[PDB]
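Shown here: pyrimethamine bound to dihydrofolate reductase-thymidylate synthase.
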Amino acid sequence: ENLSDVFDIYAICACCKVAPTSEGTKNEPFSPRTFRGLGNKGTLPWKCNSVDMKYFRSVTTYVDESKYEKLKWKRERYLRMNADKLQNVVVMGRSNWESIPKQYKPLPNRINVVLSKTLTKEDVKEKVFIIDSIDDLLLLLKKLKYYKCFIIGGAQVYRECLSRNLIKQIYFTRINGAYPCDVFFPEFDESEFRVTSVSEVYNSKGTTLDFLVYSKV
Ligand SMILES: NC(=O)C1=CN([C@@H]2O[C@H](COP(=O)(O)OP(=O)(O)OC[C@H]3O[C@@H](n4cnc5c(N)ncnc54)[C@H](OP(=O)(O)O)[C@@H]3O)[C@@H](O)[C@H]2O)C=CC1
Ligand SMILES: CCc1nc(N)nc(N)c1-c1ccc(Cl)cc1
């Protein structure tokens, strides 16, 4: 009855502290969420961060063949009632797909999926599934051999999956720095997600950061 568990749908993101503004109705100097800044002008708020990229890459790439068996059965039973290299699935919005550096798209060692009702195969020469909605993602997953399904961006992609309770875990990176932002991470029922992993602190050129993991418990 839990699709996020049956199809191992997780979410991964990186958020920073929002940089204040002296004009407008959007300045929150006492926000209860110190880390809510997701993007700024179609780009990352902090630009580049070697550690986070390394972490994100590792996480969304790692596969354990010695664990797929259990997963295959879990999905077979559900479906009831192709010798393809085992890989994870990454799901992104059109913007995110259009920002990836040419030499990184499609994401290496990963099955890429882009949510869009505008793009077409004719215009994208790279291998990647294009879907109209989350419902189509579900369909795709029901008939696709993969390890885990990672949602990597952006705002609305995250917001629809949460509200539809399709998220088993959340990989949350906390960038410790203030940056101007215009896109933020959506809010969710914190109560149904308990923090199950708290990493040590890390440093990326004076900018500290850490990695958390919440599990729908
Ligand atoms: N720090 C982090 O971890 C992350 C940061 N970001 C940042 O976020 C900003 C991008 O934000 P945003 O424009 O929201 O990004 P998206 O990548 O979601 O692009 C929006 C577009 O994606 C499509 N889309 C989004 N949701 C859906 C949906 N539910 N169904 C179908 N299509 C959908 C639409 O395409 P169409 O119009 O073709 O239908 C849409 O107009 C950037 O600055 C990026 O760097 C993004 C992810 C993670
Ligand atoms: C390395 C950035 C990064 N770090 C973390 N922690 N989570 C993410 N989801 C992304 C990310 C954002 C946009 C694209 Cl297009 C690909 C990945």
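Residue numbering for chain A follows the PDB entry; the residues present correspond to positions 2-82, 103-238, in that order. Both backbone and side-chain heavy atoms feed into the values below; hydrogens, waters and symmetry mates do not. Each ligand, and each atom within it, is numbered from 1 in the order the structure gives.
For pyrimethamine, every matching ligand or chain, copies included, can be listed as ligand 2. Residue contacts with pyrimethamine for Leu128 are absent, since no atom lies close enough (heavy atoms, distance under 4.0 Å).
Checked by distance only, pyrimethamine and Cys14 come closer than 3.5 Å through their nitrogen or oxygen atoms. By the 3.5 Å distance cut-off applied to N or O atoms, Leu45 is not counted among the residues near pyrimethamine. Taking every heavy atom of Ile121 and a limit of under 4.0 angstrom, the matching atoms of pyrimethamine come to 15 (Cl). Proximity of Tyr179 to pyrimethamine is established by a heavy-atom distance of less than 4.0 Å.
Inclusion of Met113 in the set of residues having an N or O under 3.5 Å from an N or O of pyrimethamine is not warranted.
Checked by distance only, pyrimethamine and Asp53 come closer than 3.5 Å through their nitrogen or oxygen atoms.
When heavy-atom distances to pyrimethamine are checked against a 4.0 Å cut-off, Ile173 comes that close through both its backbone and its side chain. In this structure, the protein non-hydrogen atom closest to atom 13 (C) of pyrimethamine is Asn117 ND2, 3.1 Å.
Close approach of pyrimethamine to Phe57 (heavy-atom distance below 4.0 Å) involves ligand atoms 4 (N), 5 (C), 7 (N), 8 (C), 9 (N), 10 (C), 17 (C).
Every atom of pyrimethamine is numbered from 1 in the order shown, and the set under 4.0 Å from a heavy atom of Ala15 is 4 (N), 5 (C), 6 (N), 7 (N). For chain A, the entry records the source organism Plasmodium vivax. In this structure, residues within 4.0 Å of pyrimethamine (heavy atoms) are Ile13, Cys14, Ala15, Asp53, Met54, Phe57, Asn117, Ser120, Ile121, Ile173, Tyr179, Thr194.
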For pyrimethamine, output the ligand-protein N/O contacts shorter than 3.5 angstrom; if there are none, return none.
residue: pyrimethamine; atom: 4 (N); partner: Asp53; partner atom: OD1; Å: 3.3
residue: pyrimethamine; atom: 4 (N); partner: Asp53; partner atom: OD2; Å: 2.7
residue: pyrimethamine; atom: 6 (N); partner: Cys14; partner atom: O; Å: 3.2
residue: pyrimethamine; atom: 6 (N); partner: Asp53; partner atom: OD1; Å: 2.7
residue: pyrimethamine; atom: 9 (N); partner: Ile13; partner atom: O; Å: 3.0
residue: pyrimethamine; atom: 9 (N); partner: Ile173; partner atom: O; Å: 2.7

